Q: 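Take a look at this one; I'll ask things after.
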Amino acid sequence: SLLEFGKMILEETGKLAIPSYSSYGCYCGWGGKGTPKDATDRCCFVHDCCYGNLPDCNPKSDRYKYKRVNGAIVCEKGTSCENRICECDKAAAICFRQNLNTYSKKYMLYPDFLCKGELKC
Ligand SMILES: CC(C)NC[C@@H](O)COc1ccc(CC(N)=O)cc1
């Protein structure tokens, strides 16, 4: 759920999900339309797509358990949905960490009309 995802993000990047990754670019937060603005925005695009592969799961509210094995994020056994949701979140958290260097404040609160383009999962 958002609770685990938010904790994962903070632990990985030192940034709080809200407001750092909740209104960034075209896909971090709202999701919607267009072409991803940068690497961080692409991480959210892929994350949206990952959730998109789980039509009968409820990623925002279904809680999962995860632990740290000397740095590495390890998803613990739960229901199949919980396992898959955790893998999606884990990938996003790592992706955010991998692209922290290019994270740009100019993409925060990015306006909707500037999100144009075509990009299928
Ligand atoms: C706690 C606050 C007030 N509530 C807003 C809450 O809905 C969190 O906002 C969100 C919801 C969903 C997303 C996209 C994602 N992380 O997959 C990013 C940010």
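What you see of chain A is 1-14, 16-56, 59, 61, 67-86, 88-122, 124-131, 133, where the numbers are those given in the PDB entry. Order of appearance sets the numbers: ligands from 1, and atoms from 1 within every ligand. Hydrogens, waters and symmetry mates play no part in the numbers below; they use all other heavy atoms, side chains included.
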Q: Which polymer chain has more close contacts with ligand 1 than any other, using its name in the PDB entry?
A: Phospholipase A2 VRV-PL-VIIIa
Q: Identify the compound at ligand 1, choosing among decamethonium, ganciclovir, equilin, tiazofurin, atenolol.
A: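 The one found there is atenolol.
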Q: If you take every non-hydrogen atom within 4.0 Å of atenolol, which residues does that pick out?
A: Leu2, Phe5, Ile19, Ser23, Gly30, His48, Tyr52
Q: Among all protein heavy atoms, pick the one closest to atom 17 (O) of atenolol and tell me residue, atom and distance.
A: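 Ranked first by proximity to atom 17 (O) of atenolol is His48 CE1, 3.2 Å.
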Q: Just need the protein heavy atom nearest to atom 7 (O) of atenolol, so name the residue and atom and give the distance.
A: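 Going by distance alone, atom 7 (O) of atenolol is nearest to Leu2 CD2, 4.2 Å.
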Q: Could you find the nearest protein heavy atom to atom 18 (C) of atenolol and give me its residue, atom name and distance?
A: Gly30 CA, 3.8 Å
Q: For atenolol, which atoms sit closer than 4.0 Å to a heavy atom of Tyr52?
A: 17 (O)
Q: Considering only non-hydrogen protein atoms, determine which one is nearest to atom 19 (C) of atenolol and report residue, atom name and distance to 0.1 Å.
A: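 Sorting protein heavy atoms by distance from atom 19 (C) of atenolol puts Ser23 CB, 3.8 Å first.
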Q: Do any UniProt Ca(2+)-binding residues in chain A have a heavy atom less than 4.0 Å from atenolol, and if so, which?
A: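 Heavy atoms under 4.0 Å from atenolol, UniProt residues: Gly30.
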Q: Return the nearest UniProt active-site residue in chain A to atenolol plus the heavy-atom distance rounded to 1 Å.
A: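 By heavy-atom distance, the closest UniProt active-site residue is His48, 3 Å.
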Q: What protein heavy atom lies closest to atom 16 (N) of atenolol? Include the residue and the distance to one decimal.
A: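 The closest one turns out to be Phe5 CE2, 3.0 Å.
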Q: Which residue and atom hold a covalent bond to atenolol, if the model includes one?
A: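 The covalent partner is absent; none is modeled.
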Q: If you have a sec, work out which protein heavy atom is nearest atom 4 (N) of atenolol and how many Å separate them, to one decimal?
A: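 Going by distance alone, atom 4 (N) of atenolol is nearest to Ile19 CD1, 4.5 Å.
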